[PDB]
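Shown here: nafamostat bound to Urokinase-type plasminogen activator chain B.
Heads up: numbering here begins at 1 and tracks the sequence. Both backbone and side-chain heavy atoms feed into the values below; hydrogens, waters and symmetry mates do not. How was it done? The header gives X-ray crystallography, 1.9 Å. Counting convention: from 1, in listed order, for ligands and their atoms alike.
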Amino acid sequence: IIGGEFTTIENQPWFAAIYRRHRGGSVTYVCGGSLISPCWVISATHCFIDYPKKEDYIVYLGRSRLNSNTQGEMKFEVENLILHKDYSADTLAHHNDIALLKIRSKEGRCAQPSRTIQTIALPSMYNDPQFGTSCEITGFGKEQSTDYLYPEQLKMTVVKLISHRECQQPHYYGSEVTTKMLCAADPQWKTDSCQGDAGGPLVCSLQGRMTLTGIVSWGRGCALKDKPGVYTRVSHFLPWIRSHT
Ligand SMILES: N=C(N)Nc1ccc(C(=O)Oc2ccc3cc(C(=N)N)ccc3c2)cc1
């Protein structure tokens, strides 16, 4: 996350931290995700497509720090790693950039709500907040494009939903942005998602509830003028999601 504020998991209790264990025993951070039901985390296919072996991934819930334990965190194995059959990468854009991770503890449990762990609602089919709506993003991603380290403490910020009209302009992303994506940026371009925030939530109030409106997917740089964050448009993927859950 560029700009915004350090937070704790209690402020984003659906946030999932996804790591990969390496042959040698090193475990490193992959991507964010979102708890959408007790057994299911949603994230971005591009996080996993290069190494789609469920056995080498760990999911934490209730975790506020990247490389140390949080009291109230819970560790899960990936019972099922479901990538989108129609994922593809352009020069910038990722298409159908959505993934499901079916979680289970070695004890065989799915998630239990607590002070640090809660599910996030899905939107209804094709239902999105109006353009100019303020939404929250969260992640362990870089605090500056040019950084080589990730922050140790979870961050969040607020961005505004941008019209496709505005996002499709040629000095923005022109062609690369489709109707299965949502753009969101700061009107002063001072705060954004960045590398390491992929798969993380874009959360909006919609039809009365905090809703998972988007999944952090891609962008040219981070907090660059006329280069918004691009998100997977969750509202378009409900039948895909229901088919697995
Ligand atoms: N094996 C993996 N998990 N790889 C991997 C997985 C994910 C990423 C990653 O996080 O890629 C990006 C990079 C830049 C981004 C910029 C913006 C933006 N301006 N809002 C948004 C998202 C971005 C995402 C990188 C690598």
Any protein heavy atom under 4.0 Å from atom 21 (C) of nafamostat? yes
Enumerated nafamostat atoms positioned under 4.0 Å from heavy atoms of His46: 6 (C), 7 (C), 8 (C), 9 (C), 11 (O)
Would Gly141 count as a contact of nafamostat if the rule is a heavy atom under 4.0 Å away? no
Please confirm whether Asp50 approaches nafamostat to less than 4.0 Å, judged on its heavy atoms. no
Contact partition for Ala44 relative to nafamostat, non-hydrogen atoms under 4.0 Å: neither
Closest protein heavy atom to atom 12 (C) of nafamostat, given as residue, atom name and distance to 0.1 Å: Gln195 CA, 3.8 Å
Interfacing atoms of nafamostat (cut-off 4.0 Å, heavy-atom, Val30): 3 (N)
Source organism, chain A, as recorded in the entry: Homo sapiens
Is it the case that nafamostat has an N or O less than 3.5 angstrom from some N or O of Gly219? no
Against heavy atoms of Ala198, which atoms of nafamostat measure under 4.0 Å? 7 (C), 9 (C), 10 (O)
Could you check which UniProt domain of chain A holds most residues near nafamostat? Thanks! Peptidase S1
I need the nearest protein heavy-atom contact for atom 3 (N) of nafamostat: residue, atom name and distance, please. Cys47 O, 2.7 Å
Any atoms of nafamostat less than 4.0 Å from a non-hydrogen atom of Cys222? List them with their elements. 16 (C), 19 (N)
Distance-only N or O hit between nafamostat and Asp192, under 3.5 Å: yes
Contact with nafamostat for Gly221, non-hydrogen, under 4.0 angstrom: yes
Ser193 N/O to nafamostat N/O under 3.5 Å: yes
Proximal atoms of nafamostat relative to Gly229 (non-hydrogen, under 4.0 Å): 18 (C), 20 (N)
Is the contact between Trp218 and nafamostat made by the side chain, the backbone, both, or neither, using heavy atoms and a 4.0 Å cut-off? backbone
Non-hydrogen contacts within 4.0 Å of nafamostat: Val30, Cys31, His46, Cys47, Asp192, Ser193, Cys194, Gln195, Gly196, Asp197, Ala198, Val216, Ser217, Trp218, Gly219, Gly221, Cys222, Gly229
Quick check for students: name every N or O atom pair between nafamostat and the protein closer than 3.5 Å, with distances.
unit_1     : atom_1 : unit_2 : atom_2 : d
nafamostat : 1 (N)  : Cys47  : O      : 3.3
nafamostat : 3 (N)  : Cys47  : O      : 2.7
nafamostat : 10 (O) : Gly196 : N      : 2.7
nafamostat : 10 (O) : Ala198 : N      : 3.4
nafamostat : 19 (N) : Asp192 : OD2    : 3.1
nafamostat : 19 (N) : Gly221 : O      : 2.8
nafamostat : 20 (N) : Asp192 : OD1    : 2.8
nafamostat : 20 (N) : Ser193 : O      : 3.3
nafamostat : 20 (N) : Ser193 : OG     : 2.7

